[PDB]
Amino acid sequence: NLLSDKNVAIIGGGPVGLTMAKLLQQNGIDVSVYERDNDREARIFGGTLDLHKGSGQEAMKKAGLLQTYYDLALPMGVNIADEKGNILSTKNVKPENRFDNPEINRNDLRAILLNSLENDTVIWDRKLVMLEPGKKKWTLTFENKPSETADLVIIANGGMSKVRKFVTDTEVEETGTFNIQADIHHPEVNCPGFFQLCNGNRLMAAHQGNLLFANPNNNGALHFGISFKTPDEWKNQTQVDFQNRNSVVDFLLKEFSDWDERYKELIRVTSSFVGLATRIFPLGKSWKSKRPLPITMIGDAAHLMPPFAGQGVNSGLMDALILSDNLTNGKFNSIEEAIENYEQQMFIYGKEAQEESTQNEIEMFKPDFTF
Ligand SMILES: Cc1cc2c(cc1C)N(C[C@H](O)[C@H](O)[C@H](O)COP(=O)(O)OP(=O)(O)OC[C@H]1O[C@@H](n3cnc4c(N)ncnc43)[C@H](O)[C@@H]1O)c1[nH]c(=O)[nH]c(=O)c1N2
Ligand SMILES: CN1CCN(CCCN2c3ccccc3Sc3ccc(Cl)cc32)CC1
């Protein structure tokens with residue numbers, strides 16, 4: 001085998017890195033995941049994830065976890081509303097499509113993947129800060145923790161990874177849109193009007209360059225996001241301190257001044273907001289060839305892209321499926337060639353996904369956009 005008497009280090013225990021670990025481990029591969037989170041009870045902020053047939057779901061199938069995912073996921077319909085709260089479109093999930101892409105909470109998905117791994121596969125409180133290639137092994141340097149070695153390093157630590165340079169000099173870029181997100185607990189009580197507007201479905205609305213997305217039931221909480229072109233005054237992210245809810249409430253109430261009070265109530269009752277600039281890690285020219293030791297990247301570390309049209313985790317789970325199969329099917333003469341074959345495929349569907357996400361972004365933020 002390519003990996004017999006060798007070990008693999010996966011950097012990052014996100015959904016992509018944990019899936020990569022499971023697919024390698026179940027073929028007898030010595031693999032560890034180093035995750036910066038202090039422990040597994042760390043809450044993951046964000047909306048739900050939906051896994052697609054042919055990609056995310058195919059990775060779960062290969063891992064024996066497809067039913068586990070279905071049992072914790074929820075098919076959800078979609079309502080499009082206007083800024084006055086009129087429901088313009090209602091699409092519920094037809095029973096024959098209930099397996100197409102049901103939504104799963106991110107902590108639930110992490111728990112599924114962790115539970116499927118052998119004990120002590122993930123090493124918590126391990127923030128990788130530097131890599132160094134040796135004669136045959138990488139040396140991994142962690143923050144204030146002892147070093148580790150690995151024959152193969154797989155960078156899976158998300159879109160802002162700083163440990164990419166052995167693979168590419170490409171830099172993450174801001175696309176020019178900005179996202180504010182929040183959770184409301186017990187929304188049926190705390191934002192009843194907007195909760196009733198959703199009516200069990202996800203909701204999307206667009207008006208004059210401001211977009212609102214909401215999921216009224218991410219394991220009982222309501223998750224929502226407000227997205228817009230990054231204001232020109234923010235060449236230093238000025239005016240809005242996201243540590244100060246009053247500053248954020250004031251900014252959003254002005255942007256949403258002509259929206260229905262059900263939306264304004266949502267802004268008014270939120271206890272804290274998270275701001276996030278939209279970024280892309282653009283796939284263009286090939287990555288570096290003839291690297292000193294085998295190394296590659298998967299998931300957002302490889303092809304972070306805007307999330308507004310549903311691109312994201314599924315292309316990362318496709319990475320893990322392809323790369324793990326190449327490392328274990330015994331068709332390749334070296335780890336480098338298995339990696340090369342993975343990267344060549346990923347550049348094709350990754351570039352397509354990026355082009356679509358970037359085009360979609362352009363369209364959804366034109367001042368007169370409607371869904
Ligand atoms: C607002 C918004 C909304 C959406 C989405 C994004 C955003 C910003 N996405 C995108 C999607 O969530 C994204 O593709 C995945 O989280 C990618 O998972 P990864 O495992 O690659 O990275 P992810 O960022 O999830 O995981 C990286 C892991 O590495 C760890 N880490 C970081 N640095 C480290 C270090 N130095 N050492 C060790 N560990 C380190 C982190 O703690 C984390 O656990 C999405 N996608 C989708 O498919 N459907 C959707 O609906 C959405 N919606
Ligand atoms: C099925 N999938 C579900 C959702 N995909 C869109 C993800 C958009 N995204 C979001 C975008 C920008 C800022 C914040 C957010 S937060 C959010 C919250 C709720 C919902 Cl439904 C969607 C989002 C697409 C397809």
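One is the number of the first residue; the rest follow in order along the sequence. Order of listing sets the numbers, starting from 1, for every ligand and every atom in it. This entry, so its header tells us, was determined using X-ray crystallography, 2.2 Å.
- Looking at ligand 2, the drug among balsalazide, ifenprodil, prochlorperazine, cyclothiazide is prochlorperazine.
- Counting heavy-atom pairs under 4.5 Å, the chain with the largest count for prochlorperazine is, by its name in the PDB entry, Flavin-dependent monooxygenase.
- Protein heavy atom nearest atom 17 (C) of prochlorperazine, with residue, atom name and distance: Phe213 CB, 3.7 Å.
- Residue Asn179 has at least one heavy-atom neighbour below 4.0 Å for each of these atoms of prochlorperazine: 12 (C), 13 (C).
- When each atom of prochlorperazine is checked for a heavy atom of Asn215 under 4.0 Å away, the hits are 19 (C).
- Those atoms of prochlorperazine with a heavy atom of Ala214 less than 4.0 angstrom away are 19 (C), 21 (Cl).
- Of the candidates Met204, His223, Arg202, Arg202 brings a heavy atom nearest to atom 21 (Cl) of prochlorperazine.
- Of the options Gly310, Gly47, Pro216, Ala182, the smallest heavy-atom separation from atom 5 (N) of prochlorperazine is shown by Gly310.
- Considering only non-hydrogen protein atoms, atom 7 (C) of prochlorperazine sits nearest to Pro307 O, 3.5 Å.
- Protein heavy atom at the shortest distance from atom 16 (S) of prochlorperazine is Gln181 NE2, 3.6 Å.
- Close approach of prochlorperazine to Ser227 is summarised as follows: ligand atoms under 4.0 Å from at least one heavy atom of the residue are 12 (C), 13 (C).
- Residue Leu211 does not touch prochlorperazine, judged by heavy-atom distances below 4.0 Å.
- Other ligands and ions less than 4.0 Å away from prochlorperazine are, by number and name, ligand 1 (dihydroflavine-adenine dinucleotide).
- Within prochlorperazine, the atoms closer than 4.0 Å to a non-hydrogen atom of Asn101 are 1 (C), numbered from 1 in the order shown.
- Residue-ligand proximity, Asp50 to prochlorperazine, at heavy-atom distances under 4.0 Å covers atoms 1 (C), 2 (N).
- Within prochlorperazine, counting atoms from 1 as listed, the ones closer than 4.0 Å to a heavy atom of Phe308 are 6 (C), 11 (C), 12 (C).
- The entry's source annotation for chain A reads Escherichia coli.
- For atom 14 (C) of prochlorperazine, the closest non-hydrogen atom of the protein is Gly225 CA, 3.6 Å.
- For prochlorperazine, the residues with any heavy atom closer than 4.0 Å are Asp50, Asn101, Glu103, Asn179, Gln181, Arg202, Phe213, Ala214, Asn215, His223, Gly225, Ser227, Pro307, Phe308, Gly310.
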